[PDB]
Amino acid sequence: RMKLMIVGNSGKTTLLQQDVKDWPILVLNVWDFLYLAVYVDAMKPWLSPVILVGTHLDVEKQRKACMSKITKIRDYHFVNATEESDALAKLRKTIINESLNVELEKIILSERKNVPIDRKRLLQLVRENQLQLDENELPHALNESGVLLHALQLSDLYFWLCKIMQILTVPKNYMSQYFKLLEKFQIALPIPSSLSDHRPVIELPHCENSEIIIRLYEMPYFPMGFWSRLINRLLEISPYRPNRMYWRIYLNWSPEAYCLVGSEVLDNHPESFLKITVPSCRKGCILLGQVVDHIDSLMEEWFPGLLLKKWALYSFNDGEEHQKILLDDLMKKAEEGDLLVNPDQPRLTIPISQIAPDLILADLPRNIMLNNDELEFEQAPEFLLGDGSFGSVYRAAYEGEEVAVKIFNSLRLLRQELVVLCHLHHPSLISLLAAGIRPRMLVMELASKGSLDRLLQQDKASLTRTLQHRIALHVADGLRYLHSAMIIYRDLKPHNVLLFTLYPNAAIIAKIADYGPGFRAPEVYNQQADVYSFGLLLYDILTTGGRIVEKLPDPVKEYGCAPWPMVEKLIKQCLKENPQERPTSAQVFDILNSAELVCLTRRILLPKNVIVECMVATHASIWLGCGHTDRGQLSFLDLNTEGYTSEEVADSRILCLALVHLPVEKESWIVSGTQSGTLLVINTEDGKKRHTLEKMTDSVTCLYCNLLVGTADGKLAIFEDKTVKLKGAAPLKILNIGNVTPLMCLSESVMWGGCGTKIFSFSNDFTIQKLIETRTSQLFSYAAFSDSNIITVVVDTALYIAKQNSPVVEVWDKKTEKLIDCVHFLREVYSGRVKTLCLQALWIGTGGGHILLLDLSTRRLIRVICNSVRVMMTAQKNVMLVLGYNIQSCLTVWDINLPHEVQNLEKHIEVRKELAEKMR
Amino acid sequence: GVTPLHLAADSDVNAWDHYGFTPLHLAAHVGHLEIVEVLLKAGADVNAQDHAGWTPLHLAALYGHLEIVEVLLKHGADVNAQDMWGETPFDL
Ligand SMILES: Cc1ccc(C(=O)Nc2ccc(CN3CCN(C)CC3)c(C(F)(F)F)c2)cc1C#Cc1cnc2[nH]ncc2c1
């Protein structure tokens, strides 16, 4: 198959028999709108080869003259008939000779093009096997055949073809797709493109030669669609009332600001002219600069190439004819000085700012034009910044402060960069200081510590966890801002990250720079590629060395960096191969703007279908009591290598765990309290050296080491720490407090405890000192909660106490012997019932997987934070261990700095946002 | 966010509180068998659930009040209903 198109002025379908159709010549698809050129100026915009054919010249020598007018194209044929031409066979033979001189997708397209008016992939999977490439098979595959056409948002799930694109003659998803395509095809504009072809009569502005700037663009040929594209793009023009007149633009905002962008041709001229007429004042020159910038962007992006001449018209005195001078000469004059002097009688002169107010960077923003006196701008070689790795940048001083100077050798690049920069004011974007007019340069603020690339390469020791988070957060902020303004960064690299302050609490740490490969998305752009590049950058921030030293491997395993949960997940989802599955940069920043992202040191998932009821921490390692069966299993989880082991040691479920320490002989014995009431003492060095203490009457529910044993009958048995190693040891004394009322809480700080609904205290003499009844607090929470067992006790100045299956935590003063609602905190920011407490701040682990955080002064909620919590406690870098359930057991190791650091970020972001509020 | 019927159950028939506990739930929770029987005879929702998915049977069998379990079962209750964690009153 092949595509053939009829081009030129005009038989049109009359000569096609020798809008889309099919015709064999080998079968081709013909479109009337190789390429066949029917014969005198419309062929230049069309120029894949074109074949010249006469327009049925049957109306001799005149035909030869007309052919030689343009020819003197691949060949010429005299098909001089509307039908049954003598040379029609010759033309067919020539076309055949010229034409002669994703296969699975092509085969499947026949079934694909069966839509009477997304699901096509299903048709590609029901009746095909290779199409299972899916991601690797549909990167570009249909638009190349003109059937089932698909940054156009309505293209992924969208698939009338070209005849309706019908609007020129005079489903909701289909209508939206048609509107989007018409906007893309430049048939209709979001202000029509075929409005009129005659220039309307214009109003009368100031006509003084000294008052206007005239820029002429001499172009030999008008590219097709040039005027419509220019009309579309000559709309985002601002001097900071657009009385716009449209024709195949009179954009006038004020009597001193207007662009007369028109086209014309003189009688004695065979080429075309594009004229820009602006007022020569402070405001109009900005409009002239913007118009020139837009025209140059149009002729560089849309229509590369095109010999185009640029002239500026100047008059020494009013009332004289305008004299046209090439812009290269004016640029040379502006480089040499600031006056253009008449070669004949050099006494009359005009400043460049009055003639070409875009070569001297004139009318740049008021706070930005460089003052030549204040700045040093000493661009001496070898006085570089970054040893020249940042381009042609050296050091200087603007107003007593060090700055970076970039010399521009060629005015197009400087103006383009300035226009890009003048609308990028963000705390994470390097901000513009000096325009740099006369040396033709650009001066920026200076980062003392070099770029982040240098830091990651060599200075790795000073890069802590909070510094990494701050750098990544600031860069994500910058990328999100760039995409907010529909601006696409090319490739975000560590080299583009400048570090100003290494103080982790500073508002701004990292900035993005672009000083005029491996950090590339699979598809290459689009913002999805930018999110991919940011994922790579965060991979190289979390892994300090990473890929800059030398589908990606897991960062915490390939390089052995400290684990960072909730960042590796972000890297994984950003580096997704499907561009539709990568999160947006806003979402990436929101993921980074997480209180729990920094503090969450470790997250360990235990074997499936395991139940752990209690744990203790050695002082790293953890002992756990498995309760998924009726046998007493003791597990040993190493927090470093995640080496979860387990074994059966008891005949009944292990309910509590404690760790007796004996510095006298350097011993450490874990005591396990089981359901049957057996205290199993095992030396933590080896599991063989084990025995049992005196068996309790009932279940052992709590153990504390000062060794205190709490049973299910309230019989607190006191064991000396040195007699824990004694086999069958009997307690020196037993309080025997309560009844057949479990004693389940024991805390230090005279030390206190809780059994049933009573709180007890006792001193080193080991008898009841204070007894408090906790069922008197039934007017604050109903009896369904107060009358439950007491499961947790903590103490700083008042006893914070938590009861079984109760979302309410009570506070009891230690002196007068007399209220936190977890459901309230959860609802404001899901089971609620309190399962554990811990103290440092107050941490409340509820049954639904939440971990409420409170201060110890006003009980204020900080953060609510696997969907269960079984037990949380401290360990040691002081950290917090939390155990919960999914049943898939869950261990979560946070940094105990969690109450403070998450506050800092809450202020941090805020003050950083303040900077944006000041930058606008 | 509770009604005097809630407090009577502790010490509308299906109105729920912050915890999702309707009078019934609290009656089967504290252990007032007579109150549970009165509530079912008054038109209670023996298939209701709290914010944690528990049913009146769940709380009845969760504390060993098997008489309340029988009273619920005889009054159209479902013995195989599941909670948020999937457990049934038979499991508890
Ligand atoms: C001297 C100098 C001039 C210019 C720039 C600059 O980048 N400008 C700039 C221009 C454009 C853009 C945005 N476009 C949009 C899309 N484009 C496709 C991509 C980007 C950016 C934005 F940033 F927004 F991306 C920055 C930086 C320095 C500098 C410096 C410096 C400062 N401190 C230092 N210390 N050691 C060394 C060192 C060096």
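Each chain gets a letter, A, B and so on, in the order the sequences are listed, and its residues count up from 1. Quick check of the header: electron microscopy, 3.1 Å. Remember, it's 1-based here, ligands and their atoms both numbered in the order they're listed. What's counted below: heavy atoms across the whole structure, side chains too, no hydrogens, waters or symmetry copies.
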Q | Partner of ligand 1 with most atom pairs under 4.5 Å, per the PDB entry | A | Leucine-rich repeat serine/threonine-protein kinase 2
(Q) Quick one: do you know the drug at ligand 1? (A) GZD824
(Q) Can you give me the letters of other chains with a heavy atom under 4.0 Å from GZD824? (A) A
Q: Define the binding site of GZD824 with a non-hydrogen cut-off of 4.0 Å.
A: A:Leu385, A:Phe390, A:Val393, A:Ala404, A:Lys406, A:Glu417, A:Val420, A:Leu421, A:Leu424, A:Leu429, A:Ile430, A:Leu442, A:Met444, A:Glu445, A:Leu446, A:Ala447, A:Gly450, A:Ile487, A:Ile488, A:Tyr489, A:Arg490, A:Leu498, A:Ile512, A:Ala513, A:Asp514, A:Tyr515
Q) Which of the ATP-binding residues recorded by UniProt for chain A place a non-hydrogen atom closer than 4.0 Å to GZD824? A) A:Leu385, A:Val393, A:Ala404, A:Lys406, A:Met444, A:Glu445, A:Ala447, A:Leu498, A:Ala513, A:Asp514
Q. In chain A, which UniProt domain contributes the largest share of residues contacting GZD824?
A. Protein kinase
Q.
Can I get the nearest UniProt active-site residue of chain A to GZD824 along with its heavy-atom distance to 1 Å?
A. A:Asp491, 7 Å
